[PDB]
Amino acid sequence: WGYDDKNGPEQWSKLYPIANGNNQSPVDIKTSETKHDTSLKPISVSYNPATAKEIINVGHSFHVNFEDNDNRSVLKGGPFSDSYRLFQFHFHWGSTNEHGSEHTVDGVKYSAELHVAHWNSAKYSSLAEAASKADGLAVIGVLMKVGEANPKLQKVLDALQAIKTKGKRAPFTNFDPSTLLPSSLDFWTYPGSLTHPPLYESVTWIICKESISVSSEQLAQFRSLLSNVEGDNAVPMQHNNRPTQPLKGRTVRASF
Ligand SMILES: CC1(C)O[C@@H]2[C@@H](CO[C@@]3(COS(N)(=O)=O)OC(C)(C)O[C@@H]23)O1
Ligand SMILES: [Zn+2]
């Protein structure tokens, strides 16, 4: 699977029927229709830089994995009663600065989007087990607006030269991804899914209202990553964001 014309988002329903489900992500957040929930507690993240493990080129994107054998790096608060264990973060981008984010706010598309994923370690004992549970995954989404260079992305960006082609991987250690989050953690939350196959509707989304910046050149670096295996003709990763999906009755709650 990928985002090309033949194997993109529009063709995912073929092997994954859940793609047309009632809890799919991403979605367009309409602020006039969100419901402020007074019960929503503040988002609390506490990550240990030592849990950073490695970075991998998966063909359609790349992601940074974290050791998730214990609760050294966790997420709490918000709409959760359980503690969620950090295990990965990655980005989504588009072919041009005009688009790239997965979620949209009042129809506005941003240039990219950061996803920090965690799994429910209070109820399950592994990502594999939690991945398909309705309450198994928690993912923070941060909209990235094209503008000033984001120094926080530096380490991530510098590591890409070692995993240029599909399947390459390299250690990525000593990094706390909470340093990538916006100053304010006011958020929107709704029940959704993974935005890439298998598309399980096991994700409780936490979308930050505040965006973070990224320069046009930094985005270029993402797009310069290759989706081909070493040796083949270079084929740049131009985009990997899935179109917004129907809310189908779901209510998007706001912590503010
Ligand atoms: C690079 C990218 C998109 O992110 C990886 C992998 C497969 O899908 C994901 C999607 O997670 S998401 N986009 O719902 O946060 O689901 C998991 C299993 C959480 O890993 C994510 O590809
Ligand atoms: Zn994602």
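In chain A, numbers come from the PDB entry; the residues present are 5-260, in order. Start at 1 and go down the list; that is how both ligands and their atoms are numbered. In what follows, every heavy atom counts, from backbone to side chain, and hydrogens, waters and symmetry copies are set aside.
PDB records name the drug found at ligand 1 as topiramate. This structure shows the largest set of contacts to topiramate (ligand 1) coming from the chain UniProt labels Carbonic anhydrase 1. Looking at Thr199 next to topiramate (ligand 1), an N or O pair under 3.5 Å apart turns up. Protein non-hydrogen atoms do reach within 4.0 Å of atom 3 (C) of topiramate (ligand 1). Heavy-atom distances show that, of the substrate-binding residues UniProt gives for chain A, the following lie under 4.0 Å from topiramate (ligand 1): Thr199, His200. Residues of chain A near topiramate (ligand 1) cluster mainly in UniProt domain Alpha-carbonic anhydrase.
Residue contacts with topiramate (ligand 1) for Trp209 involve side-chain atoms from C-beta outward but no N, CA, C or O (heavy atoms, distance under 4.0 Å). Among the ligands and ions shown, the ones besides topiramate (ligand 1) lying under 4.0 Å from that drug are ligand 2 (zinc ion). Remark: topiramate (ligand 1) atoms within the under-4.0 Å shell around heavy atoms of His96 are 3 (C), 13 (N). Between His64 and topiramate (ligand 1), at least one N/O pair is under 3.5 Å apart. Among residues UniProt marks as active site in chain A, the one closest to topiramate (ligand 1), with its least heavy-atom distance rounded to 1 Å, is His64, 3 Å.
Proximity by heavy atom, under 4.0 Å to topiramate (ligand 1), holds for these of the UniProt Zn(2+)-binding residues in chain A: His64, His67, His94, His96, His119, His200. In this comparison of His200, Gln92, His67, the heavy atom closest to atom 21 (C) of topiramate (ligand 1) sits on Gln92. Per the entry, the source species of chain A is Homo sapiens. Using a 4.0 angstrom heavy-atom cutoff, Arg246 does not count as in contact with topiramate (ligand 1). Applying a cut-off of 4.0 Å to heavy atoms, one finds the binding site of topiramate (ligand 1) to be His64, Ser65, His67, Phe91, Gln92, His94, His96, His119, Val143, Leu198, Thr199, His200, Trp209.
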